[PDB]
Amino acid sequence: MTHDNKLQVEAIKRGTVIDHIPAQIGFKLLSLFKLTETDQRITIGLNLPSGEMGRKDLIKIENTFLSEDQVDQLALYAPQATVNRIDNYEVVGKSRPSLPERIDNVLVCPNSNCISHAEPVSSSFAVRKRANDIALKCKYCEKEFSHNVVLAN
Amino acid sequence: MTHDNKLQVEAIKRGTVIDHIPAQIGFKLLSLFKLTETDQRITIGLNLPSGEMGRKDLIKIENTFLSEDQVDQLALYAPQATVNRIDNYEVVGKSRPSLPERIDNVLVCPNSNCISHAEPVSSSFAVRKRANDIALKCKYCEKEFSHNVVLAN
Amino acid sequence: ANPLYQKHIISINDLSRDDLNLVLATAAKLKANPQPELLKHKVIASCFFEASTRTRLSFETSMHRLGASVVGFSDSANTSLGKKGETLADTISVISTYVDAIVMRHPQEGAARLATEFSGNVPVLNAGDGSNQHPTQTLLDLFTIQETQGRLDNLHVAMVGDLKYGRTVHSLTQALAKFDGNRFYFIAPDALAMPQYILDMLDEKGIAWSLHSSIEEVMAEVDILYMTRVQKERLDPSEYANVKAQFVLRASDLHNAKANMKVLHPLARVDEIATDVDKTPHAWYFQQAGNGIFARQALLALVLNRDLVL
Amino acid sequence: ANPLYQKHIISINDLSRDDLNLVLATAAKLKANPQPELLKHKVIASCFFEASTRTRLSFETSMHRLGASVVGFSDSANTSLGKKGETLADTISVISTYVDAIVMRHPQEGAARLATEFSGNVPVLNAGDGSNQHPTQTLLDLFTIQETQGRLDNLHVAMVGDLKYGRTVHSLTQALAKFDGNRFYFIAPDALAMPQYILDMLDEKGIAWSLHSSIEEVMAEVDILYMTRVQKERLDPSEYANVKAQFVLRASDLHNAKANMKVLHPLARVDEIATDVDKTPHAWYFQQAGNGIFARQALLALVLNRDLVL
Amino acid sequence: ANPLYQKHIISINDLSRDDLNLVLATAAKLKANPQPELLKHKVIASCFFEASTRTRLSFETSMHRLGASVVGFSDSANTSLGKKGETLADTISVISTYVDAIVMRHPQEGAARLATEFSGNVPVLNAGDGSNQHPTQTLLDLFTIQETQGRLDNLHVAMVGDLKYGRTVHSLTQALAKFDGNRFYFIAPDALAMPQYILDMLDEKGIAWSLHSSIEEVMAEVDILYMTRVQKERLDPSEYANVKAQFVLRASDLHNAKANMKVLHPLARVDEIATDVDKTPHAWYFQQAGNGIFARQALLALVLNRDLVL
Ligand SMILES: O=C(O)C[C@H](NC(=O)CP(=O)(O)O)C(=O)O
Ligand SMILES: O=C(O)C[C@H](NC(=O)CP(=O)(O)O)C(=O)O
Ligand SMILES: O=C(O)C[C@H](NC(=O)CP(=O)(O)O)C(=O)O
Ligand SMILES: [Zn+2]
Ligand SMILES: [Zn+2]
């Protein structure tokens with residue numbers, strides 16, 4: 001029980017409530033983590049205001065909790081985002097995300113000549129917080145890339 | 001406009017509201033007509049149960065109006081869905097999709113040899129209630145396909 | 001101005017029964033009394049991005065038979081569209097500013113229609129857009145049928161060959177489904193069946209049609225035996241099974257043929273029509289060809305000349 | 001078991017200084033003390049999906065100098081991969097059920113790595129995967145540097161030519177960074193510079209390296225002058241500008257060099273080393289190639305042999 | 001001398017049950033008891049006039065596992081047949097004067113047979129002649145079935161894919177008809193059905209076989225599910241309609257199968273077996289391939305060796 005204010009959010013008994021999603025990154029996380037499979041209520045607040053951070057997206061899926069590496073997967077796409085695990089209308093589990101050591105099968109190597117494209121294998125990337133441009137290393141071609149180059153979406 | 005099962009916070013002055021979008025359809029329509037591509041406050045509620053319609057969808061879109069034509073574009077997915085006209089928290093007038101005569105853009109002609117793909121020209125399909133389904137006719141190549149095969153973007 | 005003045009002739013679905021009548025009439029009228037200066041001073045484009053012998057040469061002769069001038073290309077291999085990466089839209093953009101009318105054959109369905117969106121006020125004549133329509137072919141076929149059956153209503157038409165890609169059967173059929181009493185017979189291999197949109201349309205107008213396994217099932221009761229080539233060049237590689245002709249009209253099978261029954265074929269023909277049929281009185285394909293001059297002269301006089309050429 | 005028993009030799013980044021040192025010390029021993037039967041009864045697949053003369057022939061020659069057998073293909077066009085469209089994964093799988101070790105050279109990066117995943121317990125050796133790595137090249141290089149300069153520490157190595165697509169110079173730097181006191185002079189046309197990932201590591205390592213517009217400047221300062229060939233087969237068309245060796249070596253520029261410096265090159269050499277260089281006591285590309293024999297013999301003995309008294 | 005001493009292994013139709021059984025029993029013995037010197041001093045020509053990875057490499061690997069030597073060509077383009085226009089008859093003649101046994105794979109049917117006629121006393125082994133036979137494939141298949149089902153009698157074998165041009169399924173049926181109680185389920189697209197000659201023999205033999213439109217029906221009823229690849233290189237253009245695997249296997253359809261059934265495939269596999277199948281305990285195509293090693297080793301020992309104590 002409680003009531004986070006400033007603007008209008010939605011009621012939830014138990015379930016994950018992801019808050020602080022950057023602008024328009026909502027419609028993305030919605031499909032990048034295929035959240036629309038859940039046949040359970042899904043609240044979604046787009047362009048809501050937020051102090052010095054103005055408009056912010058916000059997704060809410062009662063009775064659903066992010067899979068293990070999901071929050072880790074949710075680091076590259078929204079660094080400042082916050083995961084709130086709810087139960088009994090309570091924030092029983094506040095969690096901030098950390099960039100993991102490696103991203104499996106979701107990313108796609110930029111090297112055209114990388115054997116991963118052709119052959120049947122799960123792409124795997126080493127995550128190196130190279131100062132400020134997340135460094136991404138391809139497990140196969142050993143090439144390294146600027147996280148954004150790898151990150152089209 | 002009162003409504004209460006679980007106390008909440010869900011109101012708006014102006015804007016439009018597509019209510020009665022049948023389950024799942026709400027996400028599709030999000031991309032197709034690009035209703036999300038705005039700085040304007042949006043509030044989607046996928047899978048939110050209500051009445052005898054039970055599982056539905058609902059998109060409160062702040063300070064945004066659609067046209068007769070625009071609303072008609074929705075008939076191809078959310079017919080019984082009905083665009084409701086908000087404004088000043090007052091319900092100006094409940095609209096509702098009606099079969100549009102032509103689907104400009106969005107769709108992509110399935111014929112591989114159609115001039116549309118190559119040339120810089122917006123698609124266009126003649127919509128038509130064909131027997132059991134809804135047949136579509138390319139303006140250009142003149143091929144008619146069942147709405148259940150023609151794609152988009 | 002007459003009904004077809006400055007209008008685009010993209011598809012037989014756009015013209016009305018009356019419009020067809022005006023062409024066949026003017027065609028007959030023009031056949032009787034040539035008018036060598038009717039288009040004197042005009043410059044028309046013959047633009048063919050796809051192989052052609054009859055359609056082009058006949059269209060070009062027509063233009064010459066009225067004093068029109070011609071300019072164009074036999075094949076895109078040497079147009080900037082071809083060697084310099086250029087859109088068809090830009091090609092037609094620039095060309096519509098030189099000539100008075102554009103005639104074009106293209107490999108993709110919808111090219112002519114496209115043209116009608118950058119040709120400005122200059123009209124476009126669809127000489128064949130992929131497997132879609134071949135609208136002037138129809139005018140000639142009609143002109144010919146009427147010439148040999150006396151009418152265009154209450155006829156029996158057997159269409160053999162490739163009806164799927166056969167643009168001549170698409171136009172022609174939507175054309176004959178505008179008159180009354182014409183019953184159709186479709187004889188084609190399942191993979192090259194007549195497209196659904198034409199059958200929905202036949203059903204709609206209450207028109208009757210029927211499939212058959214062979215010409216025999218229609219030979220003694222068809223007035224028009226429209227034979228067609230197999231569109232080898234458009235066939236999906238998944239359908240190469242039907243590359244060679246499944247039905248060969250040999251002169252012998254015209255043994256129980258109705259007297260007025262004629263055999264038509266837009267050409268070119270491969271092996272579907274044996275050369276001995278060339279000697280039976282039903283064979284009318286080359287007469288068919290020759291008629292192209294009249295239907296085509298007719299159409300250009302109607303689109304480029306405000307007043308009915310008399 | 002020894003350190004590299006049954007291990008995959010995929011990339012220098014995966015080996016350690018001691019690992020490297022074990023190869024050379026071993027190589028040294030095989031070089032002066034033959035072992036005709038060491039690999040008797042072993043069957044080694046020599047799978048080259050890309051051109052080769054030195055790498056394939058040296059390797060197979062080694063297999064033979066140890067009593068081992070070789071089965072293989074020097075063209076992926078006659079396999080069932082390049083004909084029946086089989087995936088490499090399936091090719092590596094079936095083959096790993098026949099042989100004892102697989103030697104592989106492939107067109108794309110990560111190809112060796114991927115095989116380790118489908119080869120079960122069969123050690124895979126990377127004869128070169130795209131423009132990523134070429135480990136055995138480096139083992140033969142380290143040995144040549146060591147036997148001529150008596151040290152792998154505090155050297156002055158200059159690398160010239162295509163440093164971007166050069167898999168040989170990627171494997172060599174990561175190796176020479178394992179040792180102490182090495183200073184790297186990088187001489188390449190900008191479109192073909194050393195990748196950033198390799199440099200970042202040199203920095204992380206605290207290693208001195210510099211850029212230069214010509215050998216002239218570092219010439220009387222280097223110990224090793226590693227020359228490379230422009231990887232023509234890999235350049236993108238936008239890079240086609242560099243297909244001509246921009247920095248070429250003639251006997252003339254070897255004038256002020258240290259009387260101990262050697263000129264190495266993985267070969268083949270296009271036109272980057274003028275033949276006159278071949279007679280100067282500095283040219284060491286052919287003795288270097290000769291060393292591939294002892295380096296690979298050592299690697300094969302170590303990967304397939306547990307204990308090894310020599 | 002033993003039963004297959006110096007004999008040609010041209011077609012399963014020429015071997016007998018006992019013959020087959022001698023191979024497997026032998027294979028069984030070689031599989032658990034190596035013979036490094038059994039073929040010492042023998043020189044075997046591996047002549048492949050058509051693509052290969054498993055058949056050629058397994059065979060040559062076997063030659064080596066027995067102390068034999070291999071001379072050969074993996075491309076007929078570099079021979080004097082594909083250049084100087086020599087006949088195969090002349091090629092088989094000169095070669096039969098150098099080697100002890102010839103292994104051959106050829107583009108056309110009857111190629112192996114023809115060689116027996118010009119090879120003098122040199123035994124010829126058919127690594128595959130067109131789309132006729134592939135005997136060694138069947139020996140390795142019979143062994144895999146036997147070692148997993150413990151019997152070659154009363155089995156339930158379903159054959160799927162290109163049954164017409166599949167040389168592997170021609171050799172396998174004629175084999176399994178030699179045993180008792182086998183029931184065959186044939187699942188193929190009509191243009192690629194089992195040839196009539198093979199069926200006539202099944203009938204003559206009094207053997208139960210049936211046709212089916214999908215695995216679904218026989219799935220929970222088979223012991224062996226032999227999958228095959230559409231022989232793309234052999235299809236006539238009219239058949240090009242079938243170049244896409246029409247019946248594909250996913251882990252999902254293996255749900256009600258007998259917990260003892262195995263899925264075999266000669267490979268390479270195009271897209272007829274989804275990868276998820278690879279992890280089910282039913283997938284046995286890679287262990288099957290592994291067996292080619294012991295099957296061919298046995299065949300070679302038997303053909304070249306008179307008496308053989310093991
Ligand atoms: O080509 C055919 O088979 C029929 C038809 N042919 C013609 O119109 C005559 P041409 O192709 O010589 O101009 C067409 O569709 O182009
Ligand atoms: O190709 C080069 O020039 C460098 C290097 N060269 C070699 O390995 C020699 P080879 O191609 O004769 O085996 C390589 O990576 O292939
Ligand atoms: O080719 C096939 O798919 C079946 C069968 N396959 C094999 O023998 C395997 P390979 O072509 O790798 O030697 C054949 O007859 O070649
Ligand atoms: Zn990569
Ligand atoms: Zn179209």
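Chain letters run A, B, ... following the sequence lines, proteins first, then strands; residues in each count from 1. As a textbook-style caveat: the illustration shows part of the entry, and contacts are counted within that part alone. For this deposited structure, the header notes the method as X-ray crystallography, 2.3 Å. Order of listing sets the numbers, starting from 1, for every ligand and every atom in it. All values below come from the heavy atoms of this structure, side chains included, with hydrogens, waters and symmetry mates left out.
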Greatest-contact chain for ligand 3, named in UniProt: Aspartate carbamoyltransferase catalytic subunit
Drug at ligand 3: N-phosphonacetyl-L-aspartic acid
Neighbouring chains of N-phosphonacetyl-L-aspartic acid (ligand 3) at under 4.0 Å, heavy atoms only: D, E
Enumerated N-phosphonacetyl-L-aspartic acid (ligand 3) atoms positioned under 4.0 Å from heavy atoms of D:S80: 10 (P), 11 (O), 12 (O)
Backbone or side-chain N or O of E:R105 under 3.5 Å from N-phosphonacetyl-L-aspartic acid (ligand 3) N or O: yes
Atoms in N-phosphonacetyl-L-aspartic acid (ligand 3) with a heavy atom of E:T168 nearer than 4.0 Å: 4 (C), 5 (C), 15 (O)
E:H134 neighbourhood, listing N-phosphonacetyl-L-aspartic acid (ligand 3) atoms whose heavy-atom distance to it stays under 4.0 Å: 8 (O), 14 (C), 15 (O)
E:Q137, portion touching N-phosphonacetyl-L-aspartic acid (ligand 3) at heavy-atom distance under 4.0 Å: side chain
Option set D:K84, E:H265, E:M227, E:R229, criterion heavy-atom distance to atom 11 (O) of N-phosphonacetyl-L-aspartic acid (ligand 3), minimum: D:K84
Other ligands and ions under 4.0 Å from N-phosphonacetyl-L-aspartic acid (ligand 3): none
Test of proximity, E:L267 against N-phosphonacetyl-L-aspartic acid (ligand 3): N or O pairs below 3.5 Å: yes
UniProt L-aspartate-binding residues of chain E with a heavy atom under 4.0 Å from N-phosphonacetyl-L-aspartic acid (ligand 3): E:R167, E:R229
Source organism of chain E (PDB entry): Escherichia coli
Residues within 4.0 Å of N-phosphonacetyl-L-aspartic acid (ligand 3) (heavy atoms): D:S80, D:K84, E:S52, E:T53, E:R54, E:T55, E:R105, E:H134, E:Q137, E:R167, E:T168, E:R229, E:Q231, E:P266, E:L267, E:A268
